> 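Below is one structure. I have some questions about it.
Here chain A follows the PDB entry for its numbers: 987-1179, in order, are the residues you see. Whatever order the structure lists ligands and atoms in, that order sets their numbers, starting from 1. The figures here come from the full heavy-atom set of this structure, side chains too, leaving out hydrogens, waters and symmetry mates.
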Amino acid sequence: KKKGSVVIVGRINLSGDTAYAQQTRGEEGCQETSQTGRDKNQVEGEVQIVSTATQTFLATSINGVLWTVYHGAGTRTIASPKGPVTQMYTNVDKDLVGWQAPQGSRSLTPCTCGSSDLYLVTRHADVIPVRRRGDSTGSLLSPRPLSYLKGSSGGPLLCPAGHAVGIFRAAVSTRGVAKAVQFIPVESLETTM
Ligand SMILES: CC[C@@H]1C[C@]1(NC(=O)[C@@H]1C[C@@H]2CN1C(=O)[C@H](C(C)(C)C)NC(=O)OCC(C)(C)CCCCc1cccc3c1CN(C3)C(=O)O2)C(=O)NS(=O)(=O)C1CC1
Ligand SMILES: [Zn+2]
């Protein structure tokens, strides 16, 4: 047996004045696309909603690279119009993986603002205010149950300008309440690159 490819099943629309999620592919289609690695669907935007046979999470475009977490993706190839695409970046120590950004997608610019007022984008297209607390952490202004954040790993942390500050990695949870988030800083990405 072989593991399937990661498959783009949707995206987070941040184009207009309203953030909302869009599904671009259903479950049977996903199942098939994962097996073949052949995905002919048009890709749009910065924030992709992705899937394996077993898990669903997010993937983010930064500097022409579609980024996600190792815990979600493993070493899996990504489904594309011309077949499975091998990872160009793999880092288990950082819970980080990357593939060449798919044609049609748009990439976010790495932040150079040195600013601590951030915004987390969830799988549900919720825009969550986060205050930066260190190189890798940030507190939620309004804490949420873990449930609310689940499946958002691989999504972005944005600055007020819209620059990418980082990739959501793990939640800081106490007795099911998430008071903070842990992320992969964009500098780590730039370094990997
Ligand atoms: C539910 C929303 C969570 C965002 C999310 N991530 C996770 O679920 C990750 C996956 C796993 C656990 N975890 C946690 O968030 C846990 C938690 C809440 C489950 C209890 N937090 C924790 O241990 O904090 C503790 C903390 C000290 C802050 C960790 C810092 C170091 C973190 C770290 C550094 C380097 C490597 C690795 C890690 C952590 N890491 C590998 C790893 O494999 O973590 C997700 O949404 N996942 S998902 O559902 O989309 C999945 C399908 C893809
Ligand atoms: Zn910025």
> Which one of vaniprevir, digoxin, rhizoxin, everolimus is the drug located at ligand 1?
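From the list, vaniprevir.
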> Just trying to sort out this structure - which chain has the greatest number of contacts to vaniprevir, name per the PDB entry?
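Most heavy-atom pairs under 4.5 Å are with NS3 protease.
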> Nearest protein heavy atom to atom 36 (C) of vaniprevir, by residue and atom, and its distance?
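Atom 36 (C) of vaniprevir sits closest to the protein heavy atom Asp1081 CB, 3.4 Å.
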> Please check atom 12 (C) of vaniprevir for a protein heavy-atom neighbour under 4.0 Å.
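Under 4.0 Å from atom 12 (C) of vaniprevir, zero protein heavy atoms found.
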> On a heavy-atom basis, I'd like to know which of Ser1133, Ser1159, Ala1157 is closest to atom 21 (N) of vaniprevir.
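Considering heavy atoms of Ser1133, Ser1159, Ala1157, the nearest to atom 21 (N) of vaniprevir sits in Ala1157.
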> To which of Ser1037, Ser1139, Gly1137 does the heavy atom nearest atom 53 (C) of vaniprevir belong?
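Nearest heavy atom to atom 53 (C) of vaniprevir lies in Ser1139.
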> Within the 4.0 Å heavy-atom shell around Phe1154, which atoms of vaniprevir are there?
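Counting atoms of vaniprevir from 1, those under 4.0 Å from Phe1154 are 4 (C).
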> Would you say atom 19 (C) of vaniprevir makes contact with the protein, given that contact here means a non-hydrogen protein atom less than 4.0 Å away?
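For atom 19 (C) of vaniprevir the answer is no, since every protein heavy atom stays at 4.0 Å or beyond.
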> Mark whether atom 44 (O) of vaniprevir lies under 4.0 angstrom from at least one protein heavy atom.
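Under 4.0 Å from atom 44 (O) of vaniprevir, zero protein heavy atoms found.
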> Which residues in other chains are near vaniprevir, meaning a non-hydrogen atom under 4.0 Å away?
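At that heavy-atom cut-off, the residues are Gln1041, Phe1043, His1057, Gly1058, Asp1079, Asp1081, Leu1132, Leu1135, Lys1136, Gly1137, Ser1138, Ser1139, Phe1154, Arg1155, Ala1156, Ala1157, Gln1168.
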